[PDB]
Undergrad: 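Here it is: the structure, laid out below.
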Amino acid sequence: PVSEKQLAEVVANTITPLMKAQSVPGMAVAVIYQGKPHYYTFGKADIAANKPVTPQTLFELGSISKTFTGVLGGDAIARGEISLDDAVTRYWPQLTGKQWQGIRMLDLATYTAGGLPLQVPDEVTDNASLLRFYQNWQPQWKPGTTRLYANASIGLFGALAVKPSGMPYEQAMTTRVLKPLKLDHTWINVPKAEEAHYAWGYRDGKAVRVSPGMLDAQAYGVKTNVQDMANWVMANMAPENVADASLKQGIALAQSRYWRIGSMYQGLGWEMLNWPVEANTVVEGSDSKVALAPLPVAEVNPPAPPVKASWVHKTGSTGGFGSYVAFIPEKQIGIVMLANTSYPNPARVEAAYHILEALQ
Ligand SMILES: *[B@@]1([O])O[C]([C]C([O])=O)[C][C][C]1[N]C(=O)[C]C1=[C][C]=[C]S1
């Protein structure tokens, strides 16, 4: 029973103090409710140029990029091109180190290979050095025992998942995920002609944007505006309405539960908790001392298909940007919060939960 006016008030009353407390120059917010997105913009995209945030402003998604990676992988599974149960080495035969035996594509996709680190080392600058890195990696755990959140893990899953397609990652993503969903302002590389829409990120007063790195597209490199992001959330909320038959299955695969780690479940990029969930559960789970820790897992085998009564979410950050998306399929409500400052994840989660609580 929530009016447009009431929703607009709860968003303003939550976001205005958040931006003040967290020194955030600009935010674009979408709330999905009653089958439609509702857009709210605040502050500046570029302080020096005095450019306001608009619904066309592009923000760096950081790790929300992993949700695209997960869905693209799922789409490849649904085409018959890959299986999560396949050995990693099926897709990279040059990866001959015997520590790789028993490590599945599932493990790469869900951070359970056995201690792959948060980042691909900066000294890795091409495929040969990327191979050397993986060949020299000494797993700290057996496969399927420990979750360690890692770009070096899901980044490689993304790269290998598109090999059978024959397309480079960017083209596979655009052809198979972005274009079918009409996400026409979502970019791995922002064309010169669209650069005027690209916000500056801000860190400690300084303007910054994300730098190139190995496996950046697959782990943290996507830029988008709040409209394309609202439409991404809507496709993930209600995949039954997506026309492309492999893509709708890929969305389901990305929201399936593969592992339980405490009160959360790992999907492909997406993370889930059972709905109903209290704020403290989700807020506390997002603290870096939990989220970046190596933690034991319980296998969900076979994987559980998408549970509609879920809090489905993902944080994403770069040096200058902080974003969050969350949705509850049972209730068909969801939220996107894009900001040009990286501020603490628990603050993102608290604000999002508060706003969605208003819609029941
Ligand atoms: B990704 O955003 O996920 C984690 C942080 C989070 O929960 O948002 C770890 C960092 C990931 N992002 C990147 O690796 C991209 C960055 C570039 C510079 C700082 S983060």
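Positions are given from 1, in the same order as the sequence printed here. One-based numbering, in listed order, for ligands and for the atoms of each. The figures here come from the full heavy-atom set of this structure, side chains too, leaving out hydrogens, waters and symmetry mates.
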Undergrad: What does the PDB call the drug placed at ligand 1?
TA: vaborbactam (bound form)
Undergrad: Which chain makes more heavy-atom contacts with vaborbactam (bound form) than any other chain, name per UniProt?
TA: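 By contact count, the main one is Beta-lactamase.
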Undergrad: Measure the distance from atom 16 (C) of vaborbactam (bound form) to every protein heavy atom, then report the residue, atom name and distance (to 0.1 Å) of the closest one.
TA: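 Looking at atom 16 (C) of vaborbactam (bound form), the protein heavy atom closest to it is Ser317 O, 3.6 Å.
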Undergrad: Is it the case that vaborbactam (bound form) has an N or O less than 3.5 angstrom from some N or O of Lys66?
TA: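 N/O-N/O distance below 3.5 Å does not exist for this pair.
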Undergrad: Do me a favour and list the nearest non-hydrogen protein atom to atom 10 (C) of vaborbactam (bound form) with residue, atom name and distance?
TA: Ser63 OG, 3.8 Å
Undergrad: What is the source organism the PDB records for chain A?
TA: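 By the entry, the source is Enterobacter cloacae.
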Undergrad: Mind telling me the covalent anchor of vaborbactam (bound form), residue and atom, or none?
TA: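 In this entry the covalent bond is to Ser63 OG.
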Undergrad: Any idea which part of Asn345 is under 4.0 Å from vaborbactam (bound form), heavy-atom wise: side chain, backbone, both or neither?
TA: side chain
Undergrad: Specify which UniProt substrate-site residues in chain A come within 4.0 Å of vaborbactam (bound form), measured from their heavy atoms.
TA: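 By heavy atom, within 4.0 Å of vaborbactam (bound form), the UniProt hits are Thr315, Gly316.
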Undergrad: Applying a 4.0 Å heavy-atom criterion (strictly less than), which segment of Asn151 is in contact with vaborbactam (bound form): side chain, backbone, both, or neither?
TA: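 Contact part for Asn151 vs vaborbactam (bound form): side chain (C-beta onward).
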Undergrad: Report, in ascending order of atom number, the atoms of vaborbactam (bound form) lying under 4.0 Å from any heavy atom of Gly316.
TA: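 Here the atoms of vaborbactam (bound form) in question are 2 (O), 8 (O).
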Undergrad: Tell me the protein heavy atom at minimum distance from atom 7 (O) of vaborbactam (bound form), and give that distance in Å.
TA: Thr315 OG1, 2.6 Å
Undergrad: If I apply the N/O under 3.5 Å rule, does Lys314 come out as touching vaborbactam (bound form)?
TA: no
Undergrad: Tell me which protein heavy atom sits closest to atom 17 (C) of vaborbactam (bound form), plus the residue, atom name and distance to 0.1 Å.
TA: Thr318 CA, 3.9 Å
Undergrad: Using UniProt active-site annotations for chain A, which residue is nearest to vaborbactam (bound form), and how far is it in heavy-atom terms, to 1 Å?
TA: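 Among UniProt active-site residues, the nearest by heavy atoms is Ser63, 1 Å.
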Undergrad: Could you list the atoms of vaborbactam (bound form) found under 4.0 angstrom from a heavy atom of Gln119?
TA: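 Counting from 1, the qualifying ligand atoms are 14 (O).
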Undergrad: Nearest to atom 18 (C) of vaborbactam (bound form), what protein heavy atom do you find, and at what distance?
TA: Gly319 N, 3.5 Å
Undergrad: Starting from atom 9 (C) of vaborbactam (bound form), which protein heavy atom do you reach first, and at what distance in Å?
TA: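 Here the closest protein heavy atom is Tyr149 CE2, 3.8 Å.
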Undergrad: Okay, heavy atoms under 4.0 Å: who's in the binding site of vaborbactam (bound form)?
TA: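 With heavy atoms under 4.0 Å, it is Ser63, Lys66, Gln119, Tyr149, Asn151, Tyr220, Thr315, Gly316, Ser317, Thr318, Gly319, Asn345.
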